[PDB]
**Student:** 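Following up with a structure containing fenobam.
The residues of chain A that appear here are 568-678, 1002-1161, 1679-1680, 1689-1724, 1728-1832 by the PDB entry count, in order. In what follows, every heavy atom counts, from backbone to side chain, and hydrogens, waters and symmetry copies are set aside. Every number for a ligand or one of its atoms is a count from 1 in the order of the listing.
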Amino acid sequence: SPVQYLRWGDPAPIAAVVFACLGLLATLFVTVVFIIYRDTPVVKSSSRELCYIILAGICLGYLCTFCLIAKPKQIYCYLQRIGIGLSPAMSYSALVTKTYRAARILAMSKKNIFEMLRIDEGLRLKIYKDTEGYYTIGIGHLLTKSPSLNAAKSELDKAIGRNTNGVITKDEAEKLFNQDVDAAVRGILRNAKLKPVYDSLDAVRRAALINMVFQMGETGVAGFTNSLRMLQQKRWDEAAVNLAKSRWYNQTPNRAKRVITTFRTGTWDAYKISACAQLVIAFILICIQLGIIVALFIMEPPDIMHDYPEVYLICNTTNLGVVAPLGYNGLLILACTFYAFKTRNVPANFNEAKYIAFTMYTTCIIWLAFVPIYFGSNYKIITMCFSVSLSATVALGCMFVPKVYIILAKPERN
Ligand SMILES: CCCCCCCC/C=C\CCCCCCCC(=O)O
Ligand SMILES: CCCCCCCC/C=C\CCCCCCCC(=O)O
Ligand SMILES: CN1CC(=O)N=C1NC(=O)Nc1cccc(Cl)c1
């Protein structure tokens, strides 16, 4: 009984139980909210099937402390190794399929802007010079400002990853072009005149604004004071009429007409330009962890330590019984963090990606700090209980609590 150890002067078992119960309660509250309000734009936008797999992992995470703090029975040593290994794998492998899809969607958004300027601005697959003698390649991607041609091929190989001999491909010029777009968006966000208009426009019309920035510069796009105000108010027809009167339209009419048409429809007509698959891949990534656990059951069978007479249940789990599923879970965390950081600025689903990236930042530090803390500890059971509950609470508090707040507290925003 955890209450017996509390009055005896040890409040660790009773504290880990309350932690797990409160976590089970909050996990129960969060899940019911997503079941009831399943048809609301906030829940319908993200992957609903993957969230139930994440919440089930968090649920099993808090349940781990009930087999760590349990009576000396044999199946609990089996459930310990099966929960401390699978419950993180369930949450992280479902989250890696969510973050992987968010990155492929983001990569496809840059494929349509690259084809936009390949037709409008041009593209060279070998090194040239711009109007001021700076070595350049691709769609105006500056390589260096040194007069040495060997210096350009050096930076080019360092940017591509192979010996190019001064020649690249369309996919390699796109890799350099994505860096120029990221630098252009930062310049627009650092501009007081273009920042509000950029935030109101959708993904397609943002590309048309960036198209104008690449042709005329940030200070040149800021000159369309009236048209930018029309685009912000979603007066597309008025903006296209006003833009067709500009000197920019009369000097390069073949290009300005396509950018203007994009502002009109919000589509790519002026230019030539799975759900069940996520559950299967997540299911495959969970069975791999389970296969590791079952394989270690056969190598190192679970057994109750000693032949004793206690609240603490000591099993014969070795380092390999811990490190092998711990390392696989770590790989799931690295992959999650890689795609979460890659999409940290994606604003879809009420900035859902911002909260996922922050969750993986804390998860890495928590899991990294766990290795020296645990394997150097003489209270491994309790340090394991709090670690699993803390890591489960991070994912539940950072990813789901903000989404539940918007549902109940901000019904009109949703
Ligand atoms: C870069 C971010 C990393 C985040 C995940 C880290 C997870 C750590 C997982 C496995 C590392 C295992 C190290 C075990 C060393 C042996 C311990 C021992 O047996 O004494
Ligand atoms: C910002 C804080 C990050 C903390 C980083 C900690 C890095 C530890 C990760 C892996 C080290 C594994 C080496 C073996 C651990 C044995 C520890 C021990 O025996 O006490
Ligand atoms: C073994 N260790 C060391 C550590 O620091 N964390 C764990 N295990 C874990 O966190 N499992 C889990 C369970 C439910 C949800 C989530 Cl997100 C994670």
**Student:** Help me out: which ligand numbers or chain letters belong to fenobam?
**Tutor:** ligand 3
**Student:** What macromolecule, as named in UniProt, provides the greatest number of contacts to fenobam in this entry?
**Tutor:** Metabotropic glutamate receptor 5
**Student:** What is the residue list for the binding site of fenobam, using non-hydrogen contacts under 4.0 Å?
**Tutor:** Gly624, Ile625, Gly628, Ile651, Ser654, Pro655, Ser658, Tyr659, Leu1744, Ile1784, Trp1785, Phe1788, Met1802, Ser1805, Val1806, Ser1809, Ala1810, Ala1813
**Student:** If you number the transmembrane segments of chain A the way UniProt does, from the N terminus, which of them put a heavy atom closer than 4.0 Å to fenobam?
**Tutor:** 2, 3, 5, 6, 7
